[PDB]
There are 2 protein chains.
Amino acid sequence: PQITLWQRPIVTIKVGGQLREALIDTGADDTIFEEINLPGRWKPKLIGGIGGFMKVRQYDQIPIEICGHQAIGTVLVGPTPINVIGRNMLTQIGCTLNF
Amino acid sequence: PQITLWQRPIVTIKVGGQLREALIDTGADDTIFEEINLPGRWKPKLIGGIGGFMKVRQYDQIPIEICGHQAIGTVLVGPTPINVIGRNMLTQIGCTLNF
Ligand SMILES: CC(C)CN(C[C@@H](O)[C@H](Cc1ccccc1)NC(=O)O[C@H]1CO[C@H]2OCC[C@H]21)S(=O)(=O)c1ccc(N)cc1
């Protein structure tokens, strides 16, 4: 779809068999979820944002459905205040900015 | 223009008579710059992101030019690792997401 920005651009996700909502976030390189339970191996990773850094688990090659569109990629798990879909996934679903 | 997301969506800004680059950030409610010098009164404000919170100065009714488009609104000043154009300004320039 087209999404305007009068409200936070939140969409419905399916990831690791679980349903979540997440913010379409063009300012995020990476995709990060709080409180999902993903299978298999992971590596610790530190991420930097406003306010400092955060420790996350990095999972690779994770399938995700983003507003009905399929992608696969890295998903970070850690204490984000809101789940975010970043550019690593947005490029796969053909998401663009327009003005 | 249309901007794809294979690279960070960075654009050229003019704000407070100064030139900067900033990230088009749909995941930011607010617009925040590091190291600009804005005129007049301001209020302290705390902002939350990944990694915790940040103290900023809030300036109201600040003109900005974003990739050649005019807007006016709140601009936060504080130690962000990258300057960000948030939804408060993006709505004024007619920015949308599309996929
Ligand atoms: C829902 C939040 C994440 C909103 N953030 C905007 C977000 O786009 C920024 C944009 C941004 C970019 C770099 C540094 C700080 C913030 N942050 C971000 O943390 O991305 C992180 C996830 O992937 C990595 O790639 C970029 C940093 C990592 S925020 O910077 O904390 C923020 C929150 C409120 C306002 N008004 C302005 C900015």
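First the proteins, then the strands, lettered A, B, ... as listed; each starts at 1. One-based numbering, in listed order, for ligands and for the atoms of each.
- In this structure, the drug modeled at ligand 1 is darunavir.
- The macromolecule with the greatest number of heavy-atom pairs within 4.5 Å of darunavir is, in the PDB entry, named Protease.
- Other chains contributing a heavy atom less than 4.0 Å from an atom of darunavir: A, B.
- Around darunavir, within 4.0 Å by heavy-atom distance, are found A:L23, A:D25, A:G27, A:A28, A:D29, A:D30, A:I47, A:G48, A:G49, A:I50, A:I82, B:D25, B:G27, B:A28, B:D29, B:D30, B:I47, B:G48, B:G49, B:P81, B:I82.
- Among protein heavy atoms, atom 31 (O) of darunavir sits closest to B:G49 CA, 3.2 Å.
- The protein heavy atom nearest to atom 4 (C) of darunavir is B:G27 O, 2.9 Å.
- For atom 13 (C) of darunavir, the nearest protein heavy atom (residue, atom name, distance) is B:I82 CG2, 3.4 Å.
- Taking every heavy atom of A:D29 and a limit of under 4.0 angstrom, the matching atoms of darunavir come to 23 (O), 24 (C), 25 (O), 26 (C).
- With respect to atom 3 (C) of darunavir, the closest heavy atom belonging to the protein is A:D25 OD2, 4.0 Å.
- Residue, atom and distance of the protein heavy atom nearest to atom 30 (O) of darunavir are A:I50 CD1, 2.9 Å.
- Considering backbone and side-chain atoms alike, B:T80 places every N or O at 3.5 Å or more from each N or O of darunavir.
- Taking atom 33 (C) of darunavir as the reference point, the nearest protein heavy-atom neighbour is B:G48 O, 3.8 Å.
- When only non-hydrogen protein atoms are considered, atom 22 (C) of darunavir lies nearest to A:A28 CB, 3.9 Å.
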